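Depicted below, cycloguanil in association with Dihydrofolate reductase.
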Amino acid sequence: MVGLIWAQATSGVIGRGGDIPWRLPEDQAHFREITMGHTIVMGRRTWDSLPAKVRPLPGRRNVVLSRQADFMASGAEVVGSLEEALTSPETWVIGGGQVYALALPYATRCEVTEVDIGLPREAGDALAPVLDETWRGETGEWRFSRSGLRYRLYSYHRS
Ligand SMILES: Nc1ncnc2c1ncn2[C@@H]1O[C@H](COP(=O)(O)OP(=O)(O)O)[C@@H](O)[C@H]1OP(=O)(O)O
Ligand SMILES: CC1(C)N=C(N)N=C(N)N1c1ccc(Cl)cc1
């Protein structure tokens, strides 16, 4: 079970300036809920952008993809090929752009959060992985977060 999880604006933007371009505590809780107790897979650059205080993300098997054999990722494990990361009974790829792309052909599930905000793509923006017509699933109802930011959840799957 290889899966991809991400949160995007409507336009497909999932990150800008090194930041998630919105505040959505319901997304963080959603993310935790899907991935808790399973393996998470991230690129080295993504681990590098998490505060030392927060990494590894707790209650989950943290795997970090890197070419550097000497890479220090305390509390996590480091693998040097996509094949080796995607082993466990249930894996969620959590970022970033290179790892999303890399892992796409192996994915049979996506969990997405679409956030109702109009952010036309700009050069440099991190972008959601592109879903083709092989996918099927549920595009859920719009929902107001506590702050009044609107978001909805996709739950898609394939062979
Ligand atoms: N095919 C591959 N094999 C091994 N490591 C890879 C890989 N593709 C990407 N990576 C790692 O994953 C990193 C990318 O992580 P990321 O997906 O979080 O980056 P970004 O935020 O730019 O999309 C790459 O820099 C590379 O790490 P190192 O720079 O430490 O080598
Ligand atoms: C919190 C957030 C944005 N939310 C969802 N739905 N999916 C992810 N992969 N996330 C995410 C989690 C950890 C990291 Cl390092 C990056 C993005």
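One-based numbering along the sequence shown. Note that ligands are numbered from 1 as they come in the structure, with each ligand's atoms numbered from 1 the same way.
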* Give every ligand number or chain letter for cycloguanil. => ligand 2
* Asked: Within 4.0 Å (heavy atoms only), which residues surround cycloguanil (ligand 2)?
  -> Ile5, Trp6, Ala7, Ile20, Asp27, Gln28, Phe31, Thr46, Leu50, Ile94, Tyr100, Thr113
* Asked: With atoms numbered from 1 as shown, which atoms in cycloguanil (ligand 2) lie under 4.0 angstrom from a non-hydrogen atom of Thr46?
  -> 15 (Cl)
* Atoms of cycloguanil (ligand 2) close to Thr113 [distance to a heavy atom under 4.0 angstrom, numbered from 1] -> 6 (N)
* For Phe31, is at least one N or O under 3.5 Å away from an N or O on cycloguanil (ligand 2)? -> no
* Asked: By UniProt annotation, which domain of chain A has the most residues touching cycloguanil (ligand 2)?
  -> dhfr
* To do: Taking only heavy atoms of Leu50 into account, list the atoms of cycloguanil (ligand 2) that are under 4.0 Å away from them.
  => 15 (Cl)
* Asked: Which of the substrate-binding residues UniProt records for chain A come closer than 4.0 Å to cycloguanil (ligand 2), counting heavy atoms only?
  -> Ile5, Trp6, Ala7, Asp27, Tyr100, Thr113
* Any N/O pair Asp27/cycloguanil (ligand 2) closer than 3.5 Å -> yes
* Please identify which atoms of cycloguanil (ligand 2) are closer than 4.0 Å to at least one heavy atom of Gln28. => 1 (C)
* **Distance-only N or O hit between cycloguanil (ligand 2) and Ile94, under 3.5 Å** => yes
* For atom 9 (N) of cycloguanil (ligand 2), which protein heavy atom lies nearest, and how many Å away is it? -> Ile5 O, 3.0 Å
* Asked: What atoms of cycloguanil (ligand 2) come within less than 4.0 Å of a heavy atom belonging to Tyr100?
  -> 9 (N)
